[PDB]
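What follows is a model of Isocitrate dehydrogenase [NADP] cytoplasmic carrying bound ivosidenib.
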Amino acid sequence: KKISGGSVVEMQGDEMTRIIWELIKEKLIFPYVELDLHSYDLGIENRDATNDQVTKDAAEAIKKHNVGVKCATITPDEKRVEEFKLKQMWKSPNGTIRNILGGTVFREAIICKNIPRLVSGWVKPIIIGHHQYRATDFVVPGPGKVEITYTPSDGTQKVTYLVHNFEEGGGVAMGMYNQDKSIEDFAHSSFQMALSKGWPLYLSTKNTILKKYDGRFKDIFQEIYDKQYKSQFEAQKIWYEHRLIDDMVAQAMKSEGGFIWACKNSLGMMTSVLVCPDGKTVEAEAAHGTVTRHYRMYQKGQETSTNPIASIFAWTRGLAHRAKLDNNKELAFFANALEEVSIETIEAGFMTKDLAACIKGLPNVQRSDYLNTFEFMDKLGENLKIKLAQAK
Amino acid sequence: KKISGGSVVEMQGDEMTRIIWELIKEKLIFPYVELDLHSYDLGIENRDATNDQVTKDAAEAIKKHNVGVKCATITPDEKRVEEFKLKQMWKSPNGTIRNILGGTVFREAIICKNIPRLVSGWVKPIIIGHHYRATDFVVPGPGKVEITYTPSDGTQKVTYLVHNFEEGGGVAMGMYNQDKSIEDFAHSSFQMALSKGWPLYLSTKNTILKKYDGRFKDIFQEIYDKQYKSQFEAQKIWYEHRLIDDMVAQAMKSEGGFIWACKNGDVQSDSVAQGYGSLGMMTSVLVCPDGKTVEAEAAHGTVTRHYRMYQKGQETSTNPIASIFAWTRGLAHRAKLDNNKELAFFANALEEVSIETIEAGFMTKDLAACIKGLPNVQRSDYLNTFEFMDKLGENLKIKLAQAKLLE
Ligand SMILES: NC(=O)c1ccc[n+]([C@@H]2O[C@H](COP(=O)([O-])OP(=O)(O)OC[C@H]3O[C@@H](n4cnc5c(N)ncnc54)[C@H](OP(=O)(O)O)[C@@H]3O)[C@@H](O)[C@H]2O)c1
Ligand SMILES: NC(=O)c1ccc[n+]([C@@H]2O[C@H](COP(=O)([O-])OP(=O)(O)OC[C@H]3O[C@@H](n4cnc5c(N)ncnc54)[C@H](OP(=O)(O)O)[C@@H]3O)[C@@H](O)[C@H]2O)c1
Ligand SMILES: N#Cc1ccnc(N2C(=O)CC[C@H]2C(=O)N(c2cncc(F)c2)[C@H](C(=O)NC2CC(F)(F)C2)c2ccccc2Cl)c1
């Protein structure tokens, strides 16, 4: 009798990540959880064959089922169009899914204490959140004034601001905007993420330079905090504070981690989760590529050692949310247990070649210092079997 | 006999940096180089007594003599206005000098093998450059925001819709860039790449901002193909445009040794500036588009905290590296302008002595803290401000004796 997992939208991907993704399901997920699985093949050949229809259907399935877990995919370039003889240079599946779903992206680096970090003092993870893409830019052919005007719907408080009077020559100009609703959705997603993980939240802004534009972000976060989150933040002993981007960077340099950083906006050790405005829909993926170099080694029968942590944490993050929506304690436990096993295995000295190279330096790595992809996956599977057995 | 260094504009500054600036001149520069020195005292008291006229004169002297070396100065605020009983809250000397000369600021680290950096694989520094002007306002309620271009030659006005706020309000802004500022940014970046002998990359988001960022990519490309391609090829270096996301990822896997000209989006640019263990290991060079005018300084402040201890007679341990490198990078540019081989060698030797002294285990407290962690540093792990300067002086004497073997 396995854990009833419920409805999960799964997206298969490309190259080396496609193989590790199958290994994750076969050795870590399917032996313990049964799912009403909505599988979508986002491999480049299948996106080409279906005229990218499979991507739009996967995005539609995440809207309906609320939980998506996605494998890394190829975003075609000129070189990829010739390799697969593609009909078109298809847009990024991540971009297509992101535009259909909307929300805030939270990036979380997975911390293993024996694996070096950018800043050595980082002991707890840092979560970066961000909601520009709709700016109106143009070329200014020569001298003349560029003005930006606001005309209210009634007509009454109309204002015209001089952006610049070009005099010596031309250049470029652009108008940018941010709707209140977008700032409020980002603020709510950030406060909720901070309470879910139990860490303080910091919003970074440049309000000393953009007093009006960034000033509105700061005020909206401060108002939303004082109105509906400070009582829950005080209860869990966490806080919200604004920081100037230059100040925030210096504070992160002297920090030990353990916070959410909201911005106005080893590689296999980071996840990206899209949290939709409805507070119910989530899409989790590994924040890395398809590992082409390792895939070429695999195609030549050579032994590979590819870090699967980010892809495992896409599964655990998705299953953790699926368990929270359904109130499934068994699933919530399984998701947390797989994350613990993944970190415990690496911290105990069992890791892939790339992690061993971070520690020793590539020229110093011996075969005995690491496990190949299959050996690491089997080591995790043995530790997971033990962790789950000692729970029942 | 001393080297004849030629014309240098020097600007004296404030607090701790003023103290070590004098030790550098006394112990490292003056015993070896004779200069036609144009010195301007940018001390806070002198700027107040001259009504900031010294700052404007220093900037005009840099324009005339092409080489400026600046000590850190106090940018006044309310506490400074009280402390010094200032007449006005004088503007930043760097802001006044930058406005007069123009140019792009390049920040470069000083690498030491035994001193940790953001990315361990970095062996050569990464030089990042940046060449307010934005018009932002709140949109209080529903309505239309439009941006308009009215040609001064009387031709038809062009209007672009920014956004129809159908419900509620928000914020909006207008930004601009002149073609001449973009051209100046490209010239300075190409000239900096050629001076250092490293490849140059321009990072934009031209995929999203097709006309705004595309103008940067296109101007850089056209200036490269017309007046820098052969000079770059002749040094085994090149210019390449890169999307900001590709660029931040290449810099994370590279060993350093490249110029990164970024149009901006400076979260990553700040992490590189503050990612070499200490503020004492970073220099900030203003490079003018003429390829002749330069102004170098430490990319840090006057070190007020250390200065208060100095006033009390307490021992201090202030890092002079960035201040030494403002002098050496200034002297290196002076040497290249005059084809002074003797001066070019001296500036090179002084940089190598500084790096070697630290690499041999002799350093200030901030560098010892980078190695052992601040709680674990003990007095015996470092040298005080004077001891380190005396050790650099001793080592410089030894290096110059070894160099006489070339002749
Ligand atoms: N998330 C996405 O769907 C996404 C985002 C961007 C790009 N892409 C696509 O990915 C394709 C291929 O990108 P890429 O080959 O540069 O892949 P990548 O995953 O970004 O990795 C580049 C290199 O870094 C190392 N590495 C990265 N992740 C690793 C991991 N998990 N475990 C071990 N080593 C890892 C490997 O080198 P070593 O052997 O030296 O360790 C690898 O060759 C592109 O065509 C692009 O369109 C996908
Ligand atoms: N370019 C310029 O002229 C410039 C730029 C910035 C600031 N300033 C001015 O400098 C004054 C003081 O500013 P600030 O204290 O905020 O910044 P700062 O002088 O850069 O000092 C901040 C801290 O950084 C460390 N530090 C910086 N340079 C160091 C060095 N050479 N050796 C050792 N440690 C060093 C010290 O850390 P610990 O305290 O931990 O020892 C120091 O207290 C202000 O009046 C400001 O306006 C001038
Ligand atoms: N807006 C915004 C915003 C805010 C914060 N982080 C980002 N980021 C990205 O866009 C991806 C990487 C990441 C980032 O810039 N960094 C970072 C990374 N991990 C964890 C953090 F808390 C930050 C920096 C970083 O990676 N610097 C290196 C890349 C480089 F610029 F070449 C040097 C970095 C490194 C070390 C100390 C502080 C900093 Cl901010 C964007």
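The first sequence line is chain A, the next is chain B, and the lettering continues from there. Chain A uses the PDB entry numbers throughout; the residues present, in order, are 3-133, 138-271, 287-413. The numbers used for chain B are those of the PDB entry, and the residues that appear cover 3-133, 139-271, 274-416, in sequence. These values consider heavy atoms only, across backbone and side chains, with no hydrogens, waters or symmetry-generated copies. First listed ligand is number 1; within each ligand, the first listed atom is number 1.
To find every copy of ivosidenib, look at ligand 3.
Chains touching ivosidenib (ligand 3) with a heavy atom below 4.0 Å, listed by letter, come to A, B. Using a 4.0 Å heavy-atom cut-off, the binding site of ivosidenib (ligand 3) is formed by A:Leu120, A:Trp124, A:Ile128, A:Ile130, A:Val255, A:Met259, A:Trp267, A:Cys269, A:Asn271, B:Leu120, B:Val255, B:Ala258, B:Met259, B:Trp267, B:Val276, B:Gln277, B:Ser280, B:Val281. Source organism of chain B, per the entry: Homo sapiens. Under a 4.0 Å criterion applied to the non-hydrogen atoms of A:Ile130, ivosidenib (ligand 3) contributes the atoms 5 (C), 6 (N), 20 (C), 21 (C), 22 (F). The deposited entry places no covalent bond of ivosidenib (ligand 3) on a chain.
Closest protein heavy atom to atom 12 (C) of ivosidenib (ligand 3): B:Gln277 NE2, 4.9 Å. For the pair B:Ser280 and ivosidenib (ligand 3), the shortest N or O to N or O distance falls below 3.5 Å.
Short contacts between ivosidenib (ligand 3) and A:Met259, defined as distances under 4.0 Å to a heavy atom of the residue, involve ligand atoms 37 (C), 38 (C). Among protein heavy atoms, atom 4 (C) of ivosidenib (ligand 3) sits closest to A:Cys269 SG, 3.0 Å.
When hydrogens are left out, the protein atom nearest atom 35 (C) of ivosidenib (ligand 3) is A:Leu120 CD1, 3.8 Å; that is the closest non-hydrogen contact.
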Please give the N or O to N or O pairs under 3.5 Å between ivosidenib (ligand 3) and the protein, distances rounded to 0.1 Å.
from                  : atom 1 : to       : atom 2 : distance (Å)
ivosidenib (ligand 3) : 1 (N)  : A:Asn271 : OD1    : 2.8
ivosidenib (ligand 3) : 10 (O) : B:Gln277 : NE2    : 3.2
ivosidenib (ligand 3) : 15 (O) : B:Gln277 : NE2    : 3.3
ivosidenib (ligand 3) : 27 (N) : B:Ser280 : OG     : 2.9

